[PDB]
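Beta-1 adrenergic receptor in complex with bucindolol.
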Amino acid sequence: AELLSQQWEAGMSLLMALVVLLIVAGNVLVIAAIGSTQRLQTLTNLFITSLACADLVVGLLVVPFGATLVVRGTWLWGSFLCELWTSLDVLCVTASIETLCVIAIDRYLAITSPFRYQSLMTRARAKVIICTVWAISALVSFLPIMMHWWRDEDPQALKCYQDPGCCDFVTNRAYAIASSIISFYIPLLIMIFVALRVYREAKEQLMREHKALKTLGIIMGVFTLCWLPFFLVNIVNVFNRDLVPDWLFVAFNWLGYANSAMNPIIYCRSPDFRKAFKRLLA
Ligand SMILES: CC(C)(Cc1c[nH]c2ccccc12)NC[C@H](O)COc1ccccc1C#N
């Protein structure tokens, strides 16, 4: 049994270290590629940078802390770090779906109203948009957690709050529903609605302007596939606590984490990223 534990720890630790490396390496490349290639320095890629930072924070902070919990079965970092960790987790997935939502609107307005778009949409303004996305994401994610709005009345929950080794996100039903709707479900619907409109307006309307759009359609689709299972379960868990097994919930949350390693791979469809990747890996 002690050998089974010693194998499981060292085994998992490496899988986790591989995941961390794939996320951090992949996204640092994307930030560097854009940051040092003036062919890639478009307004749209400013939003891709923002998105890569969100995925970077997942790789440097969210998954590391999450790994120590999955390896060692308990939280080792004190109740304050548990809260700050959870806040960063919630923050990143919120900022990601909001930025993807901006990207869809960006592409739409650029397609349907190209004269008015290109005369209004500036670098200064894309930065303002990006900050506003992060400001809103911070507001919706950080505050309710620090205010303990998520916490429930149950004695078993109360037991977990006092124990600085418990870092389970046992949330009340109101928070579970509200935070899911505000952080995920609303921006997801807006994104899908706008993305379908773009897909329609693309056919009605030029190889390089397209294909890049398809790429953006992929990242949005993949994100949805990685996160929808988690948020669906999260809502089901409110109506009946026992239907979904613990492992399936934890697994789906890890699928969502995994999404942070996927974009840099998907960007390799764009040859200019591919060339910038090859140059940087000197
Ligand atoms: C914080 C938690 C539950 C990870 C976690 C932390 N401790 C746990 C113990 C057992 C299972 C999972 C966990 N997962 C957060 C997910 O990344 C998604 O988080 C969210 C993002 C926006 C709105 C609501 C949620 C939630 N819940």
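So for chain A, numbering is the PDB entry's, and the shown residues are 33-237, 282-358, in order. Whatever order the structure lists them in is the order used to number ligands and atoms, beginning at 1.
A heavy atom lies under 4.0 Å from bucindolol (ligand 1) in the transmembrane segments of chain A that UniProt numbers, from the N terminus, as 3, 5, 6, 7.
The authors modeled no covalent bond from bucindolol (ligand 1) to a chain.
Measured by heavy atoms, bucindolol (ligand 1) lies under 4.0 Å from these UniProt cyanopindolol-binding residues of chain A: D121, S211, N329. By the deposit information, the source of chain A is Meleagris gallopavo. Defined by non-hydrogen atoms within 4.0 Å, the binding site of bucindolol (ligand 1) is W117, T118, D121, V122, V125, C199, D200, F201, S211, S215, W303, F306, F307, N310, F325, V326, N329, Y333.
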